[PDB]
J.: 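Here is a structure with FTC-TP.
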Amino acid sequence: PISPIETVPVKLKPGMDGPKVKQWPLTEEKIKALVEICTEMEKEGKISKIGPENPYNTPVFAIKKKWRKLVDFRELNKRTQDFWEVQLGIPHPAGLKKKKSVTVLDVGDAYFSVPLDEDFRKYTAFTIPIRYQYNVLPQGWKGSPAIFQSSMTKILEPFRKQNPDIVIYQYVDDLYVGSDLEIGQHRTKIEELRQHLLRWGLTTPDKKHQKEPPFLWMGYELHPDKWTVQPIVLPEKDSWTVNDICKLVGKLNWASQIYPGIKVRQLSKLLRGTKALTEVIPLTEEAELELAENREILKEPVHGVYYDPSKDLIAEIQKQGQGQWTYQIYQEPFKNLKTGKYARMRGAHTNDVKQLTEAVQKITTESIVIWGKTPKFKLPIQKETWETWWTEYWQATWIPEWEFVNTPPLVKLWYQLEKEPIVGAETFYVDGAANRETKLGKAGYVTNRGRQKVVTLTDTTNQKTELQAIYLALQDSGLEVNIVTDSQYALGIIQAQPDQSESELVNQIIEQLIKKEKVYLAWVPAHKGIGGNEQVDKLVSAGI
Amino acid sequence: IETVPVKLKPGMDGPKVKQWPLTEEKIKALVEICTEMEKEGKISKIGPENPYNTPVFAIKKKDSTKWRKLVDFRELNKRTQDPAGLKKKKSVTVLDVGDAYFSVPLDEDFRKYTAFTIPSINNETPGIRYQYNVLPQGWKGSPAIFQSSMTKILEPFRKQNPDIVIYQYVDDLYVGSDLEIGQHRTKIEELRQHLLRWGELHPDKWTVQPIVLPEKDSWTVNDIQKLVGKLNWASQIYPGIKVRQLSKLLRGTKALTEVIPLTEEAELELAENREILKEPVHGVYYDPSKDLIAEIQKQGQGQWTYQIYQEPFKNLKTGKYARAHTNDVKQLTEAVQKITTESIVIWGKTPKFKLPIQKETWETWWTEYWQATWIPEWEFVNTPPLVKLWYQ
DNA sequence: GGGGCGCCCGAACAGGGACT
DNA sequence: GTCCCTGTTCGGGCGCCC
Ligand SMILES: Nc1nc(=O)n([C@@H]2CS[C@H](COP(=O)(O)OP(=O)(O)OP(=O)(O)O)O2)cc1F
Ligand SMILES: [Mg+2]
């Protein structure tokens, strides 16, 4: 039936007009289901028969759930005004509190219970192969979701006012209703809620009225003291395509919310060169191995718990290598609220302290969404490793309240640049130059002990020659070395202490830095005739 | 009362900025404040057919169990059509006159651009959207439309106290006097009383941070190399800086820890440069049609340095901000509030900040430490570690 | 066909440094 | 100015919910 709620006024974008698009041919299985649906809707006021005074038309079709009627308004959606979406995210079971009594209700034929603006009905014209227009929200129009969600909220607002301590999780037409009443009195409230919805035209079919645990909700099963995800099944192909791995990436990601340990780096690295979805791809050993690891952790049984506002939130992070991080959030040990992974690579060059600081940031934001507060952290990093980093590093960086957890692999800084120049260490003056024309270059050094080397490079860049020279000085020096450079580019990278990089060359440099006992890197302004930055400049620029 | 028409700059839409996640605290406070504002008719509920949005949050002022709603209107302000003695005073008190604005209605056809959205914990519900019916706190237009009404209110107090400077910046009234602190406070209370019947800073203790060169009885090649790079940079700000003699000590290819005795020339050149750094920066004129730009460098140990300029190397001001369990982001957040305050007092305008912090770090936590009623523009940078040595 | 959030990727900017 | 390298956004695809 149809809500007496006020319609929501809606326009086309300025200077535009409704869709005029031919209905494409359609199998009869569908045509039968269409007219079945349309004769009832038309009977009920939800659609009206139009004439030839309606120029517009938009294709319609169906897919099976019973049947769902759809309309390909891709063209109308283009001409319609913008909406601010009111759905800001997805409720998560781990943010639910323990409730004495629980109900889950679905609203029956939701969209078709909300009236569409009169001045806009004409644009919704569609034709069954009979012509109709919509008097209610259509499935396929881009305005239907927000208009539904907002209307629902107006409709629930009075009930929520009158019943501040009944919690109603409202996800489109889905209602989870929780109370601290005994089932008798809870059921009385539910009935009050259902008559409230019915007054506004929204039915709640007993068919989808769940009264006993486990409740089915948002892809989960909610038991009274625990929650679980509904079964996940990974493809078992032998030949894999882009679109197949994506199905696997996606499903793993979804699992990672409650299955600790999941990893998807190598699988993801596969999807890089591809230009189209059909390509098949060799499951590299690195990736094929990952698959099995994940595939193994899924077989084990798993569950989260609910939220007790009167205890603390604790997030505990673990390192998995290759810039991969896993975490678990809990209030009581081995009773997870939920889990997750972090795996984003930010920057050409980074180290494990930065990545850990990014995982903390992510987890903090996610926790604020779900529980409205920050967790306390448990991290594989020494209170003193952190302070070293926080001291030397030039950026503001910070981690909220945390204690160390010696669960390796511990996060560590892999080398430290000296603060003062090194006595009894040979001084290298390095430099590089490149030619923008020919792409030819040179990198070399000159040392206070009389050593001098110049290496010619091909297909290079100025910045590269500059890193090449530093690398060269690292290669030909003892376990202690002073290096003087005039490159802000190179000094900037090395001073931030990366342990991993997208650049092979920086990786090679990193390996050298870890080998060394002591490195002091110092900067001077170029072309100011500083010796013997000046002397190595002549060398590497000659012929360049 | 009847409303004043207001437009956007031509060829500009309203703001469409996504609401960020709030803590339980801030949401509870916001829902309290909003329901009351909706009773008093100051805001109305709206739908998703209004396509505009602007972030809201809330700050717990002082220790007081009173929250203040805070709408980030920076975007809308960018898109809204368009007191020298105050920096001298012994004391300036900052008053929050924001709620005065709620008494003036707001052009109906403009209200839609003031839309905002209250999130829920764990997305229990979709957002609740409101728009303003009155002059909103934080909006550029609010002090404009209200000025004539603000003048009428103040004019008598200004008469009776001509030594007192009152300056307004959006929600803020800056009140400056040379009174000893007891009679100052009494006067402030006096101005508060006057405001009621309608409906602590110390500017001349603001020091600047000069570039300064180390003093040493013996200099290594490294020392001199640092020195010359620093001087060579500084020469971009003080073109009289000279580096020729000192640089000539680094002829050859020498060990970093080799000791170099300074020549007579080099000592003189160093002595000149020392003096040149005293002599104030020449030729820097504040241009109000240009952005104020602020850079901050982290010096460590609770030390922060900053410069305000509009053109590269043309500094209007340069400063330092000083403070175990230190919180960098807090410190940074406090530093930008301090700098903004100075900048308003000195020029009545808010600088665009270049923040030495990663975006996500900053965006994760800065609302935890914010106490101002305004919010400055900002952008995030990767400080080349060179410049952090320059203001050492 | 629609809206939401998530994840990964690469395209198109926007900066600042080094160079003819 | 140009190239280079780095950052950010924003629109692809897939997952999941209705
Ligand atoms: N793929 C979907 N597209 C949609 O536009 N919807 C929208 C948002 S929720 C609304 C549900 O409409 P209906 O209530 O007729 O859906 P239903 O048949 O699942 O539920 P019911 O049997 O009517 O109680 O349809 C749902 C989808 F799953
Ligand atoms: Mg339904």
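We name chains A, B, ... by the order of the sequence lines, and we start the count at 1 in each one. Read the numbers this way: they start at 1 and go in the same order the structure lists the ligands and their atoms. So this one's X-ray crystallography, 2.6 Å, going by the header. Values below: every heavy atom of this structure, side chains too, minus hydrogens, waters and symmetry copies.
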J.: Just need the ligand numbers or chain letters for FTC-TP, all copies if there are several.
T.: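 That would be ligand 1.
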J.: Tell me which chain touches FTC-TP most, using the name in the PDB entry.
T.: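 The largest contact partner is p66 Reverse transcriptase/RNaseH.
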J.: With a 4.0 Å cut-off on heavy-atom distances, which other chains neighbour FTC-TP?
T.: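 Heavy atoms that close belong to A, C, D.
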J.: Identify the binding-site residues of FTC-TP at 4.0 Å, heavy atoms only.
T.: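 By heavy-atom distance, those would be A:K65, A:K66, A:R68, A:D106, A:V107, A:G108, A:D109, A:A110, A:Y111, A:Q139, A:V172, A:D173, A:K208, C:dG1, C:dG2, D:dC18.
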J.: Curious: how does the deposit label DNA chain C?
T.: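 The PDB entry says Template DNA.
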J.: Okay, neighbours of FTC-TP under 4.0 Å, other ligands or ions only. What have we got?
T.: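 Looking at distances below 4.0 Å, I see ligand 2 (magnesium ion).
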